[PDB]
Amino acid sequence: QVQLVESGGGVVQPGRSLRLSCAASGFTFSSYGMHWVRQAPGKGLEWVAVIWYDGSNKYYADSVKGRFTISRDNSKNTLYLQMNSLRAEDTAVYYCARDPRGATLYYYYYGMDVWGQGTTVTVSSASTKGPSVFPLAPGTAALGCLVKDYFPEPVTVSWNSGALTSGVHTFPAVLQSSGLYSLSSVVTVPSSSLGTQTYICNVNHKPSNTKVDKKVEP
Amino acid sequence: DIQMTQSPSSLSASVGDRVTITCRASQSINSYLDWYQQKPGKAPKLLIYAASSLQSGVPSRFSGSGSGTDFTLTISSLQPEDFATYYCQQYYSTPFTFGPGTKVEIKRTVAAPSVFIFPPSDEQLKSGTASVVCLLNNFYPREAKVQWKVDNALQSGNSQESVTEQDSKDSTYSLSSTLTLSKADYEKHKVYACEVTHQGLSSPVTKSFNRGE
C-alpha cells in the first residue's frame, strides 16, 4: 500500500498557471528522489523534473526550464509541481514517480520504481461544450455515430446502452483546428438485422452534463 | 543533453517467441539505463535498472544487457501479458531522457481492410457543415493509406485520421478518416471517393458515392 496519488489536473488557458500535488504514503518519502514525467496524447514518456530526497537540488527538462518549479515538503509527505506560463504543447497526463537513487537495496538501485496514477492537464482557450451527434447510416453492414465539436475530453460512447459490444470500434478523438474534439464510433452488424434490430448510440459528455441518444437508421 | 533512440519502432511477435529490442545513447552512459513497460491507459512499470538488474517482482523471462552506448532488452519467451510498449531511460546525466518507445504487438496473418463510406447526414447539413467518413475495418498490419477525391480532384489538408489499438480478439486494427467541407462546397460537387492502400489488397480499393443518390 505504498502509494503516490497525484491531484491538481484540469483545463487551463494558455499563459495561465497550475499546481500539481503528489501525496505519498506507505514508505519513507524523505529517503527518495522524486520525478515528474508526462505523456502527451498518443506520445511517449517525456521527463519533466527531478528533486533529490532532501530537496537539495532540482533539475528540469529544457522545454519547461524557467517555467516549472518542482518542490517538496517532507513533513507532509508531498511533492509539488508549480506550472506557470502554460502553453498548448504542455497538455498531457502528468505522473509523479519515486526513485530510490541508491538510497536502498543497492548503491546502483536507480529507477522510478513506483508511479502515481497520473492527472490530466489540458491547456486550451476553448469553452466547455457538449457534442453534436450525427448518425453514420448503414452480408455485413457498417453503421455508426459521429460525435463532433465537444470540449473537453472525454466523451464515452456505448451502443444500445452497453448491450451491443461486438464489432464496436470507438476511435481515439482528434483535436480540430477549432480547438474542439471529434470522434466517431462504428459497429458492423449483419445486414439482415437492419430494420429488425434498432441501433442507438449513447453518448455522454459529463463536463457539459450532456447526454444524447441517437438512433442510427437505414 | 544525451539523446536516446530505440529500434525497432514496432515489432510483431507471437507467444513463445524470443523478443529482442535495442536502445542507443548519443554518448556513453556506462550502465546507467532503466527499462520500462507501459500498457495503454496506465502507469509505466520498472523492469530493469543499471542496464542488467531485474526490478523486484519481475518475471525472469525478462533480461537486459549492454554498457556504454548500446543496450538490449530481451524477453526469452513472450507471454500474452508482455504485449506492450517498452521504454529505455538514461540517468547518467541531467536532463534525464527517455527513448521513444518500442511497441510490441501481436502478429497475425495479413488481413485486408473492409471499406465503407458514409455521406454527411441530413441533420449535420441543416447546420451548415459536411463531414464525410471513410471506415477501414479489421485489417492487419497497421500500415494503411486513405485518400480522398472529390470529382476526381485530389484533397489535401481537409481530412483527419484515427486508428484503434490492436483489437484483443482478432488482433486487427481499424481506421477512420473524416473529410470536412462547408455545406456550400459539398453541394457544388457530385462524386466523393475514398481510396485505400494496404498490403492485403492487390491494388487500391475505392469506395465512392454520388451526392444525393
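In the text below, chain A, chain B and the rest are named by the order of the sequence lines, each starting its count at 1.
- The molecule at chains A and B is the drug named tremelimumab.
- By its own naming, the entry calls chain A heavy chain.
- By its own naming, the entry calls chain B light chain.
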